[PDB]
Amino acid sequence: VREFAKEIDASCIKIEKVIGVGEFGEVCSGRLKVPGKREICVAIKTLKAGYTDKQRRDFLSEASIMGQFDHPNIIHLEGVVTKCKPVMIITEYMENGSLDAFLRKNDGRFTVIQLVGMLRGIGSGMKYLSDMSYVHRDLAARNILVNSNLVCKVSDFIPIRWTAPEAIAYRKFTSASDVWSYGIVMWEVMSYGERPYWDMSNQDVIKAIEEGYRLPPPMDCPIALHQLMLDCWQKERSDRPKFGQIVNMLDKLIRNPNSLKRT
Ligand SMILES: Cc1nc(Nc2ncc(C(=O)Nc3c(C)cccc3Cl)s2)cc(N2CCN(CCO)CC2)n1
């Protein structure tokens, strides 16, 4: 048996403002208050006006997939509204928005241990997804959300410079190509949201990677963290660490913080 999205009575939802817009539709912030339970802030996603039946189905599919996941580092689904129009997907509200934006607005503001904690959370969520045979395909800081307590959660259920060479060249997407992407996310985090490969063109990036180029340590990045990035970017996908190993390695760095001394 599979999980599913719970139906939420529309009277329990109060939409407060629009906080994002896309080609798919839009996202709002609001409040959810169910009888007997404390009010929580939520995010509310809707389809573009005039959506078709097919679009409505593909939409309620993002919800059914999300309903399968219950982990502290994966965005939490509250439920759906389907008995009323328009259709909506409701999740927890992540107060600090996307990780890329958040770090760029807070350049230099966190400690190494805080940053490593964020990476450990992302890794834990990815271990959970990969455990379940899911492949994200689009792992990047822009697709991670952050709450008030700095907890990072995987969201978003070809970006060339986040994508493993075998996924670009042979369309082979696996957890191991997600691990490559995770390495890029590590670099984004430790650089406070710099653009991977800077001004290099997509073509230049592809050629450089094939010739053995890998990104350098971000400014003031511990060597141990950069070495882990390099492990994630092994050419042969089978040579990359698994997500469980990544999390274990981060846990060991956090437990033995002197290991973060060398830069
Ligand atoms: C675009 C945006 N989202 C934020 N938080 C979100 N939490 C959950 C989100 C989400 O999309 N859920 C979701 C849904 C609903 C359906 C399917 C799949 C998913 Cl994953 S979006 C915060 C934010 N900020 C704006 C700027 N800042 C200043 C403050 O006023 C900080 C806050 N902006």
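By the PDB entry numbering, chain A shows 609-765, 786-891, in order. First listed ligand is number 1; within each ligand, the first listed atom is number 1.
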Exercise for the section: Find the chain in most contact with ligand 1 and give its name from UniProt. Expected result: Ephrin type-A receptor 4
Practice task
Identify the drug located at ligand 1.
Solution key: dasatinib
Practice task
Can you pull out the closest protein heavy atom to atom 5 (N) of dasatinib? Residue, atom name and distance to 0.1 Å, please.
Solution key: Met702 O, 2.8 Å
Practice task
Examine the proximity of dasatinib to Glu700 and report which part, side chain or backbone, both or neither, has a heavy atom under 4.0 Å away.
Solution key: backbone
Practice task
State whether the shortest distance between N or O atoms of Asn704 and N or O atoms of dasatinib falls below 3.5 angstrom.
Solution key: no
Exercise for the section: Could you tell me which atoms of dasatinib, counted from 1 in the order shown, lie closer than 4.0 angstrom to a heavy atom of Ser763? Expected result: 20 (Cl)
Exercise for the section: Just need the protein heavy atom nearest to atom 23 (C) of dasatinib, so name the residue and atom and give the distance. Expected result: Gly705 CA, 3.8 Å
Problem - Part of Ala651 with heavy atoms under 4.0 Å of dasatinib, whether side chain, backbone, both or neither - result: both
Exercise for the section: Would you mind telling me if dasatinib is within reach of the side chain of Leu753, the backbone, both or neither, using heavy atoms under 4.0 Å? Expected result: side chain
Exercise for the section: Return the UniProt domain name for the region of chain A with most contacts to dasatinib. Expected result: Protein kinase
Practice task
Pick out the nearest UniProt active-site residue of chain A relative to dasatinib and quote the non-hydrogen distance to 1 Å.
Solution key: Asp746, 11 Å
Practice task
May I ask you to check if dasatinib and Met674 share an N or O to N or O distance below 3.5 Å?
Solution key: no
Exercise for the section: May I ask you to list the atoms of dasatinib that are less than 4.0 angstrom from any heavy atom of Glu703? Expected result: 31 (C), 32 (C)
Practice task
Give the residue, atom name and distance (to 0.1 Å) of the protein heavy atom nearest atom 3 (N) of dasatinib.
Solution key: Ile627 CD1, 3.6 Å
Practice task
Define the binding site of dasatinib with a non-hydrogen cut-off of 4.0 Å.
Solution key: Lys625, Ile627, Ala651, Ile652, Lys653, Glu670, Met674, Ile697, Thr699, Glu700, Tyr701, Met702, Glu703, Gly705, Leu753, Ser763
Measure from every N or O atom of dasatinib to the protein's N or O atoms and keep only the pairs below 3.5 Å, writing each with atom names and distance to 0.1 Å.
| from | atom 1 | to | atom 2 | distance (Å) |
| --- | --- | --- | --- | --- |
| dasatinib | 5 (N) | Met702 | O | 2.8 |
| dasatinib | 7 (N) | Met702 | N | 3.0 |
| dasatinib | 12 (N) | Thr699 | OG1 | 2.9 |

